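The structure to be discussed contains SCH 48973.
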Amino acid sequence: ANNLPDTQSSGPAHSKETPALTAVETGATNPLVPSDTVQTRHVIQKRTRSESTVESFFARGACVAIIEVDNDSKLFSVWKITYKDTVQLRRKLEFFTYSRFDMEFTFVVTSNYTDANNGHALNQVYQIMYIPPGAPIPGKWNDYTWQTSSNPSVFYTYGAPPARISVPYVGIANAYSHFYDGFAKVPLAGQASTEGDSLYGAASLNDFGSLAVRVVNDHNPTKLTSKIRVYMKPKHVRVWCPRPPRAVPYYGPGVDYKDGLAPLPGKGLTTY
Amino acid sequence: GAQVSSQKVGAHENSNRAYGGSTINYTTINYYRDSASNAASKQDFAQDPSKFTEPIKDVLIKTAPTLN
Amino acid sequence: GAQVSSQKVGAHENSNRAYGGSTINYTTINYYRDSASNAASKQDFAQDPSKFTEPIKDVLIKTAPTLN
Amino acid sequence: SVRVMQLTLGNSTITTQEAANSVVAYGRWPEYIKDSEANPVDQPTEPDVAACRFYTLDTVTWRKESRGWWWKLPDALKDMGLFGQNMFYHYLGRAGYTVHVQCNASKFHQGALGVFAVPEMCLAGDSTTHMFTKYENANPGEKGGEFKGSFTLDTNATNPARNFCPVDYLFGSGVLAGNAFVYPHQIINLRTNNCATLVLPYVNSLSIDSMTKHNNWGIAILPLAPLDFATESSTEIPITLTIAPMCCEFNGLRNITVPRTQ
Amino acid sequence: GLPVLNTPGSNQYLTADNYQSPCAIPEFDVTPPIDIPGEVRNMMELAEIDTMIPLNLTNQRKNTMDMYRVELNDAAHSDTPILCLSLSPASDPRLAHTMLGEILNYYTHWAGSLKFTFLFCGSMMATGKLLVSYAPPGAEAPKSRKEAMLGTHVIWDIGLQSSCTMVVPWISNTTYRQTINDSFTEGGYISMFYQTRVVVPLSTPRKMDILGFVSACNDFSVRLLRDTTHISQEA
Amino acid sequence: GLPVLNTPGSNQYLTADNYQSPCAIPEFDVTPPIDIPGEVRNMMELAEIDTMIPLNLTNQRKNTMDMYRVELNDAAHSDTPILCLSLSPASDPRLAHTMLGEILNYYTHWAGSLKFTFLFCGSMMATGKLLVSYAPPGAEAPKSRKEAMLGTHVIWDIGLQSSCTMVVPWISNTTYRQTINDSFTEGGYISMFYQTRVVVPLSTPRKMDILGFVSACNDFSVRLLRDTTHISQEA
Amino acid sequence: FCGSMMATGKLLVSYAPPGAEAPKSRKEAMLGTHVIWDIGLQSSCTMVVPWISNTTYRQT
Ligand SMILES: COc1ccc(OCc2ccc(COc3c(Cl)cccc3Cl)cc2)c(Cl)c1
């Protein structure tokens, strides 16, 4: 996040040192600066790379999900936690193979009457319950699971500033894997083809669990719908192994492609 | 437990406060026990790109012949 | 009356603030007279399970024969 | 000089008189797990010279029409001597590698091969079903696979191939191939060098993993400038791949694993 | 007054927050404590106590005292397993309801070593050698003593010391495993075989039981508190 | 309590704010880090790595491996350009999709020097001299070697060192340029010509390819994070 | 190597201690002691057959 070096003045040359010539076969990039190939003046550099630090690049709340609940089973909804339901944050994360950070979740809740001239309801309170992989998932908008004696819940009152909570680095590995070239199972010799088969590039069937959202108020016959837009921001970021960015449209959770396979336009070789 | 850092002043007001004093510092205090609750300090460091730009075993000088 | 404790930093930002200073400390001040109003400090200790795992009168070594 | 080298590992030695230096991926040389980064508590096995030696996989042939080749590690070495034995007898395994690609021609030939080492080299499949490639197809072993010039969707619903369909300009994963240079690599330009040498440390989000379930590195070879000779529309030059595992340590010994095949 | 700015998250109720609040019964004279025996500081203390495993969940034995008894006999040597188990402490039906399994079901991740102790309840005149085994995941689950003997194992000789402990070391790829049945974080197999055979003289019972116990080692830990599926409430 | 006064901006949600919030999973035992190779601290590190330029976007070559190959031949000397490009790193179709261009499309401003490296992939028996040029904006785009030679240029002699780098110095009026095609912040023209001609002996290929690479210099910086147009989502 | 200067090539010279099947393919040979010879300026290549024996001396 710092300063750039100054340009030193450089005069003419006539020597056996040729920085302009190189050999990219080695796998290295030629570290030339302007003064290597032209005469330069002294410039005191004041520009910095403060905004392109790994932290500043991700320091934005991106939408990862839009959970919908109809307060007239739709009285409650469950969202399997992921960053792949949307494309924008996903593409930025995928510039790297591994990552490690904390997360900040902000929830923007909106609601409205479906009918322009019918129904009425008192102010709604929402419960956003996190169900860690293993915990019982709600079957009804009002069954015993909503007691949350151990699961973390967030109760949001409609109209209040967006709710917000922080989550630590929760991975079971030392870093989050954006790419996993493997399987969760190894098919063994002799077992039925139905056996030992698993998805390519998938780890746990339930990585991070899911969110169960519901309106706590008793539902009125009035037609109402609410939407909880989930925004996530990685804070305290560290990333490893850069990768080229996604060039064609995403086709699922994997690196699969199908449709926009011809991303580049035509342009004449000798056309400026 | 307050942390006092200085800001990098961009646009300067016609004040001496825009050039010195606590007027170009900002104060921070953590209220939560879990580090996850903390904001980002944003006083982030940089590093050498060499691991990517020149992952070569036998180090070479730009003035000198790459293929030797 | 402020209590300043340090946090156990999990994920580290690319800052020196993530490794030291008041930036890895958190501050606490009690506002109520009754201790019941206080939050939980969560700086909780552990103990020896022996009272449950080995409530034996005559202490025995694992290498040595239990039935002697 | 930058051009002459000799690599000795165990009982195997490789010599070259036309190198273009060597690349050490991310500037990290392979190493063993430190006590501060250790996870499994059992005593590891370290075959050393019996496993850390040069193994020559099958030779492929480069023609004017070739699109490219790919291999997965440790997969390509699963049947290689005592390295393969240790891989299958243990639940966990870790290793780094020295990849030496060989390709000689003459002063009247042209062509350039881009040799890339990719961590977590996930490839694209052939169906509309996501992540449908089956284990047997994803792990070809020493013979590896090939890149294609175009995407062709498998439509046989009765008998889906469940295979990869890596299109070359899309780097087999939906990214542009010209940007694959952000990964450790070397280029075998026929007018300059014979080979490419890459030293790969162990890369993963864990200190040790299952070698049968997970491939850490992928080796991709793409013709950047096609093979051409004098006036012989007909030209074929072989490309031999020699890889040596390094700092092998395995944990969790039991009965041998025999994976399902074909 | 002092100028303030309300940040997002204001007026919300996080079920896991840790704030101060006013006391509804001020100046209350609290009854002082007394030194009651058996105080607990950490839930892991309870996971380290041996608890009997319901190993025999066959239809006639499950949910009876017989689910805890695994019977042996003086038959000639056989290479077939006496029992088989999967190292899924929170999900395997035989482990999920032990004190260890009960606690693991209130957490999402577990890591550490475990130990299985077996008690021989035959007569004093009975002798025998058994092989207890643990095979890390990834290969075929052992079905003969020949395969089991290739993994971690303890050859138990029966005699004065009635019990034998086999430690299942922490051998994992991930730093923590999940408390659900998931192949990515699978733990391996536990099995028992006859090394020689149980031998008894005349006028002695030819069949006897062994009981199994499970507890966590001192390097065991759990994280991410969650709700258990072991308790429900209808209406 | 303490008298406070709510200022405008209260209860809003700025997507780019930086505040503290309560932790939903308190006292969680975080898995420590390991030293994984290839860590990145700044996005500009990636912009400094050579990435191959898709120079040949003709209808038959675009979106194929041929878009990266620019063919040369042993024809007699000509003063016509081998290729032409505009210095609009984020918007020119040939630069916009390189690693450099991809990163620039997440920012609104860019400033600094760039360098273009060309690799000769002909046979060893082939020789030749080429002129690579850069003309700052404001005049007619060079169409002959005679005009190109009047600006910044490097005369590349082909031989042992297979590649040649031409640095495009930061010559601008504004302190930062925009990442969109805009005349006010236009950058100039890049072109290549034959200085002499490519010469090959008998029994040698008369046509060969050259590949181009682009990367940022150590004085390069970007600012004002924005959203890219390189990724979309329908429905 | 007594070919012309224009000739190139890589060869694998191997040594397999006794006891197994004599190598008949490069695949078997590559598993024993071997030197991969790259042809070029240095015209020759040496492969050392190390003393690997059970007895302290062998018979002639
Ligand atoms: C590589 O990029 C990643 C890695 C992990 C991720 O998710 C991990 C994750 C795990 C638990 C929770 C649970 O968080 C919550 C809690 Cl406790 C309470 C209330 C609401 C929420 Cl929301 C949320 C996210 C995401 Cl979104 C991107």
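Proteins get letters first, then strands, A, B, ... in listed order; numbering begins at 1 in each. Every number for a ligand or one of its atoms is a count from 1 in the order of the listing. The basis for the numbers below is simple: all heavy atoms, side chains too, and nothing from hydrogens, waters or symmetry mates. Only a slice of the deposited entry appears, and the contacts counted are all within that slice.
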Checklist entry - To what macromolecule is SCH 48973 (ligand 1) bound in this model, taking the chain with most contacts, per the PDB entry? => result poliovirus type 2 coat proteins VP1 to VP4
Next on the checklist: Can you point out the other chains with any heavy atom under 4.0 Å from SCH 48973 (ligand 1), by letter?
Outcome noted: A, F
Checklist entry - In the entry, what name goes with chain F? => result poliovirus type 2 coat proteins VP1 to VP4
Checklist entry - If you take every non-hydrogen atom within 4.0 Å of SCH 48973 (ligand 1), which residues does that pick out? => result A/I81, A/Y83, A/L93, A/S99, A/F101, A/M103, A/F105, A/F107, A/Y130, A/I165, A/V167, A/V170, A/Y176, A/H178, A/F208, A/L211, F/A24, F/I25
